[PDB]
Chemist: 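Examining a structure with dabigatran at the moment.
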Amino acid sequence: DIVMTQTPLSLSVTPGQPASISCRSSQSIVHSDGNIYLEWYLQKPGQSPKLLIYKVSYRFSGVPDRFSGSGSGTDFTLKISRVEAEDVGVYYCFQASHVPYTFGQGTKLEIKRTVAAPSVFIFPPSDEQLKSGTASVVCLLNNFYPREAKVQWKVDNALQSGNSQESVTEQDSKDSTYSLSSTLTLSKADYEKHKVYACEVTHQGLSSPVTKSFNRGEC
Amino acid sequence: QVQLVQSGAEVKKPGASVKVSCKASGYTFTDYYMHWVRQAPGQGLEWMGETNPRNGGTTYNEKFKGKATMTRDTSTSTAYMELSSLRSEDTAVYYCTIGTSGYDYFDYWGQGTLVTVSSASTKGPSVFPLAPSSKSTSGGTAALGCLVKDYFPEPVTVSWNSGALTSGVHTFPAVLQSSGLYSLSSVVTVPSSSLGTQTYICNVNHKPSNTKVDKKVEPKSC
Ligand SMILES: Cn1c(CNc2ccc(C(=N)N)cc2)nc2cc(C(=O)N(CCC(=O)O)c3ccccn3)ccc21
């Protein structure tokens, strides 16, 4: 099978600046008809890939003029003249000149926007969950940049360990930010031993940590 | 107009079979070859084969030959991909795709079907509201959401107000818990001024357990 190798593996570009992605085929990709069936696709998380360029250099209908393809032999390149927020995701090259048709491993494009501090929100466990014998406390870190935001849980100012789980979103296609969710999970019995539940947030955009807290039973 | 609607996610035991469907609309079914593409982290995106909708013949990728059996029903404009003798390594997202300009490109894709191969039985999630309160406001913005806890396998989809509310929505990637079950949260930021007039419902779908939950997130008077 023809191996399609993409370089670089990842790219971080400031809005309005160019982006270049290379795709190298392990063999020639000239179809018996004489054409080179080399395509470029953009895939966003949870979504199907979307066609950008076909037959090396042809721009698919509806794709912005900032996208262009070039190449010959075994060396193909995708170019973005000026990157926009909407360009985030994973770029894949693909050959359909020889069976089996093969895809590249992918190149992740990150948009290098300005620093944005997170907005912090806290949710006590719901009354319906407390009826079941479990208590989940949610701390939301919203629309920040860069992705490195640290969350620490404190229960009556005592630093917690091993009772929380977090998840970061993909980079937003509109504002180039990330959001993070952290969940503290305790039994109703452990939950009832303490009063002050706090999530402390550290980030590049915060000169000093931001703490959001509540007193158990006050709602 | 051109649509490719695939069957929902399924959990299957090792050694069992699974038939994924791809319902085509908005074009004459017999005009274009139907393709199946696998996506698994590691091996990445792989083209499995192409089915001729006229004669029903499939040109397979050697790697998927035998393992995958592709068919088409011209009476229902539906293409099928059947995987037999399922193994852990078959866990992946399976897409159907078509090319409308000869064999130049793939312009239309289905939404994908996640097939999970496991001995663990399906588990439907519990849905808990993340009610807006004084503790979840920032300026004139209120955050609210839903906590989707203890499901297996992936995925869960979350929409807000049957898809009418999308702006400021963040449905977080699932987290694997110690129990082997998954959890996720879906949040939205809205004006705090209109919490008294607007209604916010999270629509939670877990296709492998046939779970459909609609949860109205009521503001907290705290
Ligand atoms: C191998 N191949 C494919 C595979 N699709 C494909 C899509 C995209 C890509 C890609 N991503 N590059 C790669 C492959 N589609 C083909 C269409 C024709 C064709 O011209 N006709 C018209 C015949 C008439 O005049 O009726 C046709 C139509 C229906 C059935 C049979 N033949 C010939 C060969 C074809």
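Naming convention: chains lettered A, B, ... in sequence-line order (proteins, then strands); numbering from 1 in each chain. First listed ligand is number 1; within each ligand, the first listed atom is number 1. What you see below is based on every heavy atom in this structure, not just the backbone, and it leaves out hydrogens, waters and symmetry mates.
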Chemist: Which instances in the model belong to dabigatran?
Modeler: ligand 1
Chemist: Which chain forms the largest contact interface with dabigatran when counted as heavy-atom pairs under 4.5 Å, and how does the PDB entry name it?
Modeler: aDabi-Fab2a heavy chain
Chemist: Which other chains show a non-hydrogen atom at a distance under 4.0 Å from dabigatran?
Modeler: A, B
Chemist: Can you find an N/O atom of A/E39 closer than 3.5 Å to an N/O atom of dabigatran?
Modeler: yes
Chemist: Is the closest protein non-hydrogen atom to atom 10 (C) of dabigatran under 4.0 Å?
Modeler: yes
Chemist: Where's the contact between A/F94 and dabigatran, heavy-atom distance under 4.0 Å: side chain, backbone, both or neither?
Modeler: side chain
Chemist: Measure B/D104 to dabigatran on non-hydrogen atoms and call it side chain, backbone, both or neither using the 4.0 Å cut-off.
Modeler: backbone
Chemist: Just to confirm, does any protein heavy atom lie below 4.0 Å from atom 13 (C) of dabigatran?
Modeler: yes
Chemist: Heavy atom under 4.0 Å from dabigatran: found in B/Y33's side chain, backbone, both, or neither?
Modeler: side chain
Chemist: Does B/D31 reach dabigatran with a nitrogen or oxygen that is under 3.5 Å from one of the ligand's nitrogen or oxygen atoms?
Modeler: no
Chemist: Do any N/O atoms on A/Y37 end up under 3.5 angstrom from N/O atoms on dabigatran?
Modeler: no
Chemist: Is the closest N or O pair between B/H35 and dabigatran shorter than 3.5 Å?
Modeler: yes
Chemist: What label does the PDB record give chain A?
Modeler: aDabi-Fab2a light chain
Chemist: Any protein heavy-atom neighbour for atom 21 (N) of dabigatran (distance below 4.0 angstrom)?
Modeler: no
Chemist: Provide the binding site of dabigatran at 4.0 Å, counting non-hydrogen atoms only.
Modeler: A/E39, A/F94, A/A96, A/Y101, B/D31, B/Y33, B/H35, B/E50, B/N52, B/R54, B/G102, B/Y103, B/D104, B/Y105, B/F106
